[PDB]
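Snapshot of isoniazid at Catalase-peroxidase.
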There are 2 protein chains.
Amino acid sequence: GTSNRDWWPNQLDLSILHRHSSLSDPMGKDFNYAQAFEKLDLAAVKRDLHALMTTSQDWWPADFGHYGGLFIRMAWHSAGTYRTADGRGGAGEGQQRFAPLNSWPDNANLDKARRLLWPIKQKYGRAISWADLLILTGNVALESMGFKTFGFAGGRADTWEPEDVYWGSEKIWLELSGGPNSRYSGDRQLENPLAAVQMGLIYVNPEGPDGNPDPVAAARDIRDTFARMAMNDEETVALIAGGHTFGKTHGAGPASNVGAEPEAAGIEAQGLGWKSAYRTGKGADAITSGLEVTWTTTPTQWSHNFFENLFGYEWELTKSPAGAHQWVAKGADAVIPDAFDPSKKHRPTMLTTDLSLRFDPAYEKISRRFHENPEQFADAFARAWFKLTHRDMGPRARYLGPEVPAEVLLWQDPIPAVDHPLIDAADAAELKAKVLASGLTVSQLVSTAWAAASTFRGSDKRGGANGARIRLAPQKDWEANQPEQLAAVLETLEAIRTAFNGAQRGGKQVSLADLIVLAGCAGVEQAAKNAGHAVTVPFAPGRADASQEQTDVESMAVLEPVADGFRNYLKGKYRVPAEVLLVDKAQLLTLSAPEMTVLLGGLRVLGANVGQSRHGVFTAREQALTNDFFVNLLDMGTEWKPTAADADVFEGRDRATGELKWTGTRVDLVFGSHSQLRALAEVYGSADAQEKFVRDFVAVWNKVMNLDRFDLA
Amino acid sequence: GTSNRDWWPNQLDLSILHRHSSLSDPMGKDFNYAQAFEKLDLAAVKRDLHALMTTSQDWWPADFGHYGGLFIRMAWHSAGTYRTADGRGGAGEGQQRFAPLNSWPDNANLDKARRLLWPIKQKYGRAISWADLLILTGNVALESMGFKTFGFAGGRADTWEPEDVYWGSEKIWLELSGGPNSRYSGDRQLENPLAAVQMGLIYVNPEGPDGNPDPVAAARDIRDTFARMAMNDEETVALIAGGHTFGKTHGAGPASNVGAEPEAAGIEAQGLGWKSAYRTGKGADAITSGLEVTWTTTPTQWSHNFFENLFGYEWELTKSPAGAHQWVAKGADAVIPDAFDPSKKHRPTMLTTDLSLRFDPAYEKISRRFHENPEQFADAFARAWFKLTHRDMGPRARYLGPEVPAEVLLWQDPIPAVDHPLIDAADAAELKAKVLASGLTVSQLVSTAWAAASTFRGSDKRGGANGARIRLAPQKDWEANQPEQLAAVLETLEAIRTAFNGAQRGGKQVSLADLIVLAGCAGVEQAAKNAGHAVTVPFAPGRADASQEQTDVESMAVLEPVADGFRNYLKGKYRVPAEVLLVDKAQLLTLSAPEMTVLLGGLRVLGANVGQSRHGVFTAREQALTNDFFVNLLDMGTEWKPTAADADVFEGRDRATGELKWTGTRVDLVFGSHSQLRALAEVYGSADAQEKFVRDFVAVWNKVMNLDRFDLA
Ligand code: HEM
Ligand code: HEM
Ligand SMILES: NNC(=O)c1ccncc1
Ligand SMILES: NNC(=O)c1ccncc1
Ligand SMILES: [Cl-]
Ligand SMILES: [Cl-]
Ligand code: NA
Ligand code: NA
């Protein structure tokens, strides 16, 4: 069946902006997951999950009689696809149940784990999503086995189709580095935005880098991949040691026994995969990773035995029954219990990646401290497990149910509670007039508010204008934000705010976060008036100002835009074409193709480009809100060519005279090239479309201003 | 970027059901194209188009000073992708402007024709769709050159993304037959549903079959492909002769001069392609097909010179400047004008496929009659051109504006006007009660109404329950429709109708087409009652009964379902998996994945399977409307295996006892295998879902009942 993707594999794919339509969603347009979850009897759900832990099913018998380890690994993998670079992956959409993650090699047999949860899912129905259930089940596993969690928030709404995520370019599962589509270059540099060492792994290879069983080298990969999942050294050691306090791995026989992954299995397998011809195919004969390691003397109970073993023995390199590299404790007694046979015991074993916690010098010091102070280990793991499993849930206002921790954590980019009356519509009109009387231009007001709001990404629900973090390090210094002009605009807004707030009775005040947005609205109003349209822009108050100490500077670096097509900004020269980067950004902002089109066309004419660039400013009435961008872009009286100096900048000349009319980047011209985008630009560039352009612009502007406003949801 | 399609190339692609969401649509959800078109000043549009015809642009100079020929070929190609086998292709969605059709080799330089129309599109905006404008432009071309068209209907709403259409399996444009993905097998049998001889052609190869310049052989491809586009011999000769009365081909130099098709061209080309390094690249130097033929002495005026030349000279095999086979008149004077140089003239030329009209014996008699009687030629062509360009527009109720022809054509599957009062809601309740008192079962009433309504396909908007054609040849004899049971149900319904209609005052009556649907509604209400739910199934009267004499039997053959997963029906053994056929049918019925899921699950338990098969009937309360399908499908207590006798039927056995519980086909079990479908099935199989399943079933049943009801749009 030959498709457009086969004929034109490097054309832009806009379908990624149109996933998650109401067409694929089986719930009404009215279904609100938060409200269904708020009625769930969470306690009853936890009781059922507690019972499930030791209700072994014959089609996938429970190791040691307890599914706890399996469910902790299930939950860890649901969370563990998260990348800080784009905020994609993570547990927040329940994507583990869809392709490709349902069939990743590292997710082998987690199909069985999710099938075990079906009766509970079915019983509670829409009131608990798969996405919430997977994490809750991890929590309950930990609790069942004697570990007290830091807490749990519901509110991860289920999704209904696979996300479009760049997981790499390799065409072979688990391909080792240096192939034709290598994710590594230079001195083992992993390409952004990837956060795993091989296609179909979560973070690293348990045998060591590219299969080489060097724990020191393995530590380097661990540290890099975990940093790319937002975890520092302490959190990392706590998570790995904490997780490998429980359960075991499965490699009872050769991996050639294991058949097709779920998405490749036959229809009779009913959504399950990795069927094994080794012996009974399950239980004591299970093959998952190929490794055969049990870490502790009590695999179904919280202990301090991980670090006791890690430091208490010396380790020797050996092989699992499947042929995989792993480590066995030299001269040890058989103290580890067998998962199925009460008469067999085994020597302590470890993976290469466990030994990393000992033999990397920085990890070693943390592992020692946790060894000597187990209460610090327990607390670090609890905190890290909460972080891991909630990292992509967004602001605290989205957290539901009775187990939400009251402690506010730095990584949540917290926003202070509003404790005063908010501005009303009269106050908003007075502020907007003061803004316009101060001398700030349309371009300044629009650029500033765009800069503040457009850090939001729906992937992990970080960023947005709430908080006024654009006035703090590091946002205030980002090149795309034009630090010098930004400083000037903020100093003017701050004087307006000080004066308005000092005039108030009764505790009313306006936050700078609100005023930045409100000021951008005034700029759009002014621009509409410059074009002869009478427009009021909607504005919702209630944003607050976060302090510098509430803003982790390092964590904030990943939100820096290195490409923002909306401002015609590229930080350097990338191997990814700019128009691909524009679509990627539109996706993070939750924009459809029509929204992205109208938005960019308006921003160009309002003066939002970085550095006052003229590229794509296809108008003679800059700072007026018109559809000029489109009308001029589509004018066949102009011919375009890439410039001598740069293949990425284009000159548009009068076809008859050869005179230069405009210049543009690939981001500008793509709207006139791509057949679906051009169809959109046409709508907005038609003679009957001036009002529609202004109205659709206002609506999309307001949408971007409100992206993070979960306090109103 | 490696995708799910790369890893699992034979998994089902559900995205095809979720195109044309509101997300991709730049118009408000309120936009009604029909109402915008009805206020268009169509006369003013045709005046602008008329002026455009002879206003040559230097970027693509008009041959002979007139764009007419170019626009006729543009409109012919817009329409000429149509296939009767699935109704896909055609002009009715304006898909020529999107991938892949925008870049087919046969559509070369029609990018220039569409660009020429941009000023007029831009002037009239949303009041005329691209889809309508392409056809109108061809009409105006013909009119400006002296040809009287049979009429024009507007109402083709624009679309905003490529359709997913199977155009063949070849991986090389224009691949010759007999390759690894050959569309031909046996004695030159073209695979259904294809209607062109090579990938990226409209119908046939202008040089002859696989490039072999034998007009006799070419005539066989012409006849086959045109029949597959719903054209008989007379229509075919009229179309080809009629078209090639105008304009010329373009092959001024070697084809190697011609660059990338639009979807492959650089961003600077702004949506145009096939840029030519040959001399000026355009005009007198134009290269399109590679052939260099001008058919008549007045290429910008309607004439009967095509047939005068065809019969008046003898023809010699020759080559264009690009190397293509074509024919030149032996010993002729230079009587054909040059497109750009008034001092240069040329001999008559023909394509191999033109000579087919003379040298095929059946075409020859038609071409002679048209030769001797050009008034018959003009009338046949007018009629054929109307048919061609409207074939996929659907019922007459969708035809808009002031040039709709009053004559009703058999190919339109016409439906008589309703001339009497319609039944009201109390009448509908009395009819439903009489239906249920007659002893027709839930199963019979549902099967019958499904059989009648489910012939509809949104691709060409043919079929549906309006007309009561299920009582007529050939529908009454299709094996899927269970002819003997159908006859029994219809006889009972007809006696109820005769008695209701005989009791009325005031000319009120009910059509059998309405009653068949209404009776299906009664079946579903009774099924819901059997499960303890009281619902009313909505019903809209106003269908009418068409006669046998108003039903072209041969044209109706292509609507026969050979695969209907909704009735668990497959007519024979196909190369395509049945679950793929199910998705194909869902797409033709305009169903989303959730609608297809709910609908199939309900139809199973209502007894809609052909032949009373138990396959997929996963309930112990058949004829009760419950969600049993899903609850039992998803029960992990049952294990499934393909049967000894058949790899396409499966047995479901109790996992503990080995007892046989159910049987199912691939269509049944796909809902428990495919990860996106199983996520849907889960919603409907959850303990809180019984009411939602009934509500969603009823809505989708009603939707299918109404698919053809453009009289209410
Ligand atoms: C360097 C990072 C990590 C590596 C390379 C790694 C590797 C593995 C491997 C290969 C398995 C065996 C899979 C099998 O054959 O069944 C496994 C099991 C497991 N891991 Fe990890 N792991 C890592 C981090 C984590 C973390 C962060 C957690 C949780 C906080 C976790 C919890 C588990 C648990 C509970 C199991 C046991 C599964 C069972 O009992 O069925 N691991 N790990
Ligand atoms: C067996 C069927 C047909 C074949 C193989 C065929 C082939 C061709 C070819 C190869 C060209 C030249 C393209 C170029 O180099 O610019 C052409 C031109 C043309 N064809 Fe057809 N054609 C067929 C049927 C039709 C029909 C059904 C129509 C309309 C009723 C039509 C109308 C035209 C016109 C108007 C042109 C002139 C283009 C211009 O003046 O720029 N043809 N045809
Ligand atoms: N792959 N996922 C995203 O790009 C995304 C998800 C949710 N909202 C916005 C963006
Ligand atoms: N390829 N196109 C179709 O299958 C279709 C188009 C419009 N409505 C329904 C089905
Ligand atoms: Cl994602
Ligand atoms: Cl189509
Ligand atoms: Na995410
Ligand atoms: Na069609």
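The sequence lines are lettered as chains in the order written, beginning with A. Residue numbering in chain A adheres to the PDB entry, whereby the residues present occupy positions 36-748 in order. Per the PDB entry, chain B residues shown: 36-748, in order. In listed order, ligands and their atoms are each counted from 1.
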### Task
State which chains or ligands correspond to isoniazid.
ligands 3 and 4
### Query
If a contact means heavy atoms under 4.0 Å apart, which other chains contact isoniazid (ligand 4)?
B
### Query
Is it the side chain, the backbone, both or neither of B:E128 that has a heavy atom closer than 4.0 Å to isoniazid (ligand 4)?
side chain
### Ligand-side contact atoms (isoniazid (ligand 4)) for residue partner B:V200, heavy atom cut-off under 4.0 Å
1 (N)
### Query
Taking a heavy-atom cut-off of 4.0 Å, which of the residues UniProt lists as heme b-binding in chain B lie that close to isoniazid (ligand 4)?
none
### Task
Decide whether an N or O pair under 3.5 Å exists between B:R123 and isoniazid (ligand 4).
yes
### Query
Hey, is B:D199 touching isoniazid (ligand 4) through its side chain, its backbone, both or neither, going by heavy atoms under 4.0 Å?
backbone
### Query
Considering only heavy atoms, which of B:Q622, B:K496, B:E198 lies nearest to atom 6 (C) of isoniazid (ligand 4)?
B:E198
#### Entry: Ligand/ion neighbours under 4.0 Å, isoniazid (ligand 4)
ligand 6 (chloride ion)
### Task
Define the binding site of isoniazid (ligand 4) at 4.0 Å using heavy atoms, by chain and number.
B:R123, B:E128, B:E198, B:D199, B:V200, B:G493, B:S494, B:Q622, B:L623, B:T625
